Amino acid sequence: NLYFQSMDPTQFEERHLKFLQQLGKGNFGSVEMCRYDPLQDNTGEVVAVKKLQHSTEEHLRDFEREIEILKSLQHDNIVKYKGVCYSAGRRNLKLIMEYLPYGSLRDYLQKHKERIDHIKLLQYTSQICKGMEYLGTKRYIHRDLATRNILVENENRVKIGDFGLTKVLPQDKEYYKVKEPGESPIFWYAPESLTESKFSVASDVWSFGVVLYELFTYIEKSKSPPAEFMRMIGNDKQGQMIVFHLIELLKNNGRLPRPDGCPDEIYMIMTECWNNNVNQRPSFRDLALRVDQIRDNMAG
Ligand SMILES: Cc1cc(Nc2cc(CN3CCOCC3)c3nc(C)c(Cc4ccc(Cl)cc4F)n3n2)n[nH]1
């Protein structure tokens, strides 16, 4: 009480943050592109500014935790935290991050197929695995790994973002049981997350297998995980029946298909990530090494 937690409220002052455009609303919050121009000389730096969509007390608390998580991370494949803006006369919070111009990897793969080949896909796979290795060192579980939640800086560099669902593992357990569930990205969830609300490094590995599928399906649209799973379940189904069917499918070895053109060896990596036995899933370190060995073993 006596002394409140450290904050640097003069680092990004709201009067010097100029709104340019909204970049989106989604699972990532409401994010705007702004320019931070403290010298008011139409110089400065374009930044990404994350805001809450519903500023309830609970969401503000969760936002503080997300900010602390992001502040703690420094890695080439993690979107760079810049600071916080205590806007509305220091009665609101906005999160300041670096701006990456190409947006989500999901959108980049659709918009920029002219510059994507399997070599690039494996480079992105490697980078995502290394960022996830780094999260593991902090006992952080991302819980929303998907190409929509990875940003593209340029054709040679991707970075995880969207730490809005990230949790920190209890000191003495290897999983976090989420006991307030909200909207769930069910088609990326491991079976134990669907059936027991249990999240772990190994459930992030399951989701990474879905990301790897997404990368290798990029040539098509009918092939996204939601579309393919709904085709398998039955496109007519609605509501909880969808989840019931997805659980039953996954528990009895139902899986997304090998994308057209995908090497057998890459599909094998996906399949090994999609193991119902949590402990048999590979680690992010196993995956990074295997993917980089595959890359290195090509001719040249
Ligand atoms: C934190 C951050 C975001 C960022 N850049 C972009 C760029 C783009 C691409 N726009 C650019 C302007 O013209 C049209 C194409 C974009 N589209 C959306 C929906 C988002 C929002 C977003 C998506 C995924 C994730 Cl993980 C986090 C997000 F905040 N963004 N965010 N840099 N840093």
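Along the sequence shown, residues are numbered consecutively beginning with 1. Per the header: X-ray crystallography, 1.5 Å. When a ligand or atom number is given, it counts from 1 through the structure's own listing order.
The drug assigned to ligand 1 in the PDB is gandotinib. Within 4.5 Å of gandotinib (ligand 1), most heavy-atom pairs belong to the chain that the PDB entry identifies as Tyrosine-protein kinase JAK2.
When hydrogens are left out, the protein atom nearest atom 16 (C) of gandotinib (ligand 1) is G103 CA, 3.8 Å; that is the closest non-hydrogen contact. Residue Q21 touches gandotinib (ligand 1) through its side chain alone, judged by heavy-atom distances below 4.0 Å. With hydrogens left out, the protein atom closest to atom 28 (C) of gandotinib (ligand 1) is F28 CG, 3.8 Å, a heavy atom. Each of the atoms 26 (Cl) of gandotinib (ligand 1) lies under 4.0 Å from some heavy atom of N149. Listed by atom number, the atoms of gandotinib (ligand 1) under 4.0 Å from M97 heavy atoms are 1 (C).
Within the 4.0 angstrom cut-off, atom 14 (C) of gandotinib (ligand 1) has no protein heavy-atom neighbours. Heavy atoms of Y99 found under 4.0 angstrom from gandotinib (ligand 1) belong to the backbone as well as the side chain. Of the protein's heavy atoms, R148 O, 3.5 Å lies nearest to atom 24 (C) of gandotinib (ligand 1).
Of the protein's non-hydrogen atoms, the one nearest atom 33 (N) of gandotinib (ligand 1) is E98 O, 2.9 Å.
Residue contacts with gandotinib (ligand 1): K50 is excluded, as none of its non-hydrogen atoms falls under 4.0 Å.
Of the candidates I96, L100, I150, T147, it is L100 that places a heavy atom closest to atom 4 (C) of gandotinib (ligand 1). In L23, the parts holding a heavy atom less than 4.0 Å from any atom of gandotinib (ligand 1) are both the side chain and the backbone. If you check which protein heavy atom lies closest to atom 3 (C) of gandotinib (ligand 1), you get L151 CD1, 3.8 Å.
Neither the backbone nor the side chain of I160 comes within contact range of gandotinib (ligand 1); no heavy atom lies under 4.0 Å. Checking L105, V46, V31, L20 against atom 29 (F) of gandotinib (ligand 1), the nearest heavy atom belongs to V31. Lab note: binding site of gandotinib (ligand 1), heavy atoms under 4.0 Å, is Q21, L23, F28, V31, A48, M97, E98, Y99, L100, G103, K111, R148, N149, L151, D162.
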